[PDB]
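Overview of a structure with bromocriptine.
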Amino acid sequence: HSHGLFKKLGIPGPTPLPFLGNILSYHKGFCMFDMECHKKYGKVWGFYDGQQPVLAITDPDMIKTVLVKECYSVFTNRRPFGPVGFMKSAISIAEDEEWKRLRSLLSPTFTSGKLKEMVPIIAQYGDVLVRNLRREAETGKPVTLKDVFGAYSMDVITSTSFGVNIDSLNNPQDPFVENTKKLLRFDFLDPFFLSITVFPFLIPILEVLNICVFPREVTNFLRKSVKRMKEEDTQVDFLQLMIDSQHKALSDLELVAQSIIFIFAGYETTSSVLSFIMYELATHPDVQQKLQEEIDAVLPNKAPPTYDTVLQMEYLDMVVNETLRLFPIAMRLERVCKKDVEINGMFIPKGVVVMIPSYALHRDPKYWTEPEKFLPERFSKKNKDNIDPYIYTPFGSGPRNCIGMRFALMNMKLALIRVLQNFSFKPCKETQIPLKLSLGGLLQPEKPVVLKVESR
Ligand code: HEM
Ligand SMILES: CC(C)C[C@H]1C(=O)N2CCC[C@H]2[C@]2(O)O[C@](NC(=O)[C@@H]3C=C4c5cccc6[nH]c(Br)c(c56)C[C@H]4N(C)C3)(C(C)C)C(=O)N12
C-alpha cells in the first residue's frame, strides 16, 4: 500500500522514503524505534515496512478490541511472512479457518493436566543442568549463560517433543542436537529479511524454487526422524499427544509442522529469558538471596521441585514477570486488518498491520513507576492489581496468544529452582553493566551475558 495512507487518514508518523518506507529507522532495532515513535507521536502512529503500512496502537481498550474482541472477525492473522514452504501449516504461520482448526486441535495438548505429566521429564534435565553447571564453576572461569541455558532449553525440547533423551552440551555432535540447534529465531533486520521487506514481490519466486526460511537440511532431517519414531510396540510427549488427536483430525504434514514450530517457538526464547533472569539476579544480589530463601523455605534441604511447589512460589513468579516486563523478547504483537473497521473511534483500513508495541508499553512512564528499573515488587500480590493486562503482554493476549505460556513458565521456573538451590550467580569484571541491547532485530544483549557461578 502507497506511502500516502497515514497522511490521508490524519495519522502521524515518521515520513517514509520511496521504496524503503521507514526501514532505515531500524538502525537501532525494533525496540528503540518503537520507544522513539511513541515519545514523539503519542498514542497511535503509522509507518511503512517497505510498501507495507503498519499502525501502532497503545490504548488498552483498543488493544483489547484487536487481540480479544475482534480476533476471529477482523484480526486473525500475523503479518504475511517470507517463503515458508510446507511450514505454512505451522500453527503460528497458519491463517483464518486453518489456524482456528489447528489451535482447537493443539489446545488439549497444552493443558495443565498434560503439563503436570511432563514435569518429571523437565525436572530430570534440571539435574543435568546442575551437574553441568557444577563443573564449569568448580573449574572457575566466567560462565556464558546462552550456552548453559541453550543446552538446557534443547534438552527439555527433545524429551518433551518425543523422548529423545540427550545431554546436549556434552553431545554437541549428535546430529539431532546439531540439527535442532539451527532452529533459532529469525533476525528480521538481517540482510535477507531486509531485502524481502523491500522486495516482497520476490517471495513467490522463492516459494517456486523451494527456497525456504527454515533451512531445508534441518526440516528434511526432522520430517525423516518423526516418520521413523512414529512407526511399534506401545508401552507422554508432544508427538504422542499429537499422534493421538489424528472438520477435525490432524494430518501427517501438519503434525511435523507443529513439531518443528514448537522447537523454533520454544528454543531461543526460553534460553534468552533464562539469561535475562540470571543477569538481573546477579546485578541485584538481594533479590537473588530473597529468591533462594523462598526456595529453601518451600523445598527444605534441596527437595525436588514439583508442579505444586513451583506454583506456590510467589517471589519466583514475581522475578520471572518483572524480567519479562523489561525483556519481552517478542518485542511486538501484530495482527493484519482483514477488513475496514472502526475501533474505539478510529478507522483502520483493510490490509494494514496493527501493531501493539509491548516493549514500549512495558517501559511507559504513564503505566510504570521508574520503568527502567528492575523491581519485582511491581508484581507482589497486593500491588499487581494496577497492572493492565493489555499493557503487560509478554505472551500476547486473546485466542491467538502464546499456546505454550504455562509450559514456558513451568520450564523456566523448574530450571531456576534447581539452579538457585545449588548455586549463586555473581558478576565478573567481564559482565557488561548496565546491560546494552543488540541493535539487530532480536531482543537480546549486545554482548553475551557471562557470570561467575559458585556452589552454595
Ligand atoms: C519462553 C518464553 C516465551 C515467550 C516470552 C513467548 C511469547 C510469545 C508471544 C508474544 C507470542 C505471540 C502471541 C500473540 O500474538 O498474542 C507467542 C506465540 C506462540 N507461542 Fe510462545 N513464547 C514463549 C515460549 C513458547 C514455547 C515454549 C512454546 C512451545 C510450544 C511456544 C509456542 C507458541 C506458539 C505455537 C505461538 C503462536 C500461537 C498461534 O499463532 O496460535 N511459545 N509466544
Ligand atoms: C515467524 C513466526 C513463525 C514465529 C512466531 C512464533 O512462533 N513465535 C514463538 C515465540 C515468539 C513467536 C514469534 O517468533 O514472534 C512473533 N513475531 C514476529 O515474528 C514478528 C514478525 C516480523 C516480520 C515478519 C515478516 C516480515 C517482516 N518485516 C519486518 Br520490518 C518484520 C517482519 C518485523 C518482525 N517482527 C518485529 C517480529 C510474534 C510476537 C508476532 C511471531 O510471529 N513469532
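Along the sequence shown, residues are numbered consecutively beginning with 1. Ligands are counted one by one from 1 in listed order, and the atoms in each one are counted from 1 as well. For this deposited structure, the header notes the method as X-ray crystallography, 2.2 Å. Only heavy atoms go into these numbers, but all of them, side chains included; no hydrogens, no water, no symmetry mates.
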Open item on the list: Do you know where to find bromocriptine in this model, all copies counted?
Closed with: ligand 2
Open item on the list: Mind checking which chain bromocriptine touches most? I'd like its name from UniProt.
Closed with: Cytochrome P450 3A4
Task: Contacts of bromocriptine at 4.0 Å, non-hydrogen - done: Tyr26, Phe30, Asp49, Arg78, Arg79, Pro80, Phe81, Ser92, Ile93, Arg185, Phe188, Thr197, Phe264, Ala265, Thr269, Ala330, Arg332
- [ ] Please report which non-hydrogen protein atom sits nearest to atom 18 (C) of bromocriptine, along with the residue it belongs to and the distance in Å to one decimal place.
- [x] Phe188 CE1, 4.3 Å
Open item on the list: What's sitting near bromocriptine? I mean other ligands or ions under 4.0 Å from that drug.
Closed with: ligand 1 (protoporphyrin IX containing FE)
- [ ] Name the closest protein heavy atom to atom 10 (C) of bromocriptine, giving the residue it belongs to and the distance to 0.1 Å.
- [x] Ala265 O, 3.6 Å
TODO: Below 4.0 angstrom from a heavy atom of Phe264, which bromocriptine atoms are there? Numbered from 1 as shown, please.
DONE: 4 (C)
- [ ] For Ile93, take its heavy atoms, then give the atoms of bromocriptine lying under 4.0 Å from any of them.
- [x] 3 (C)
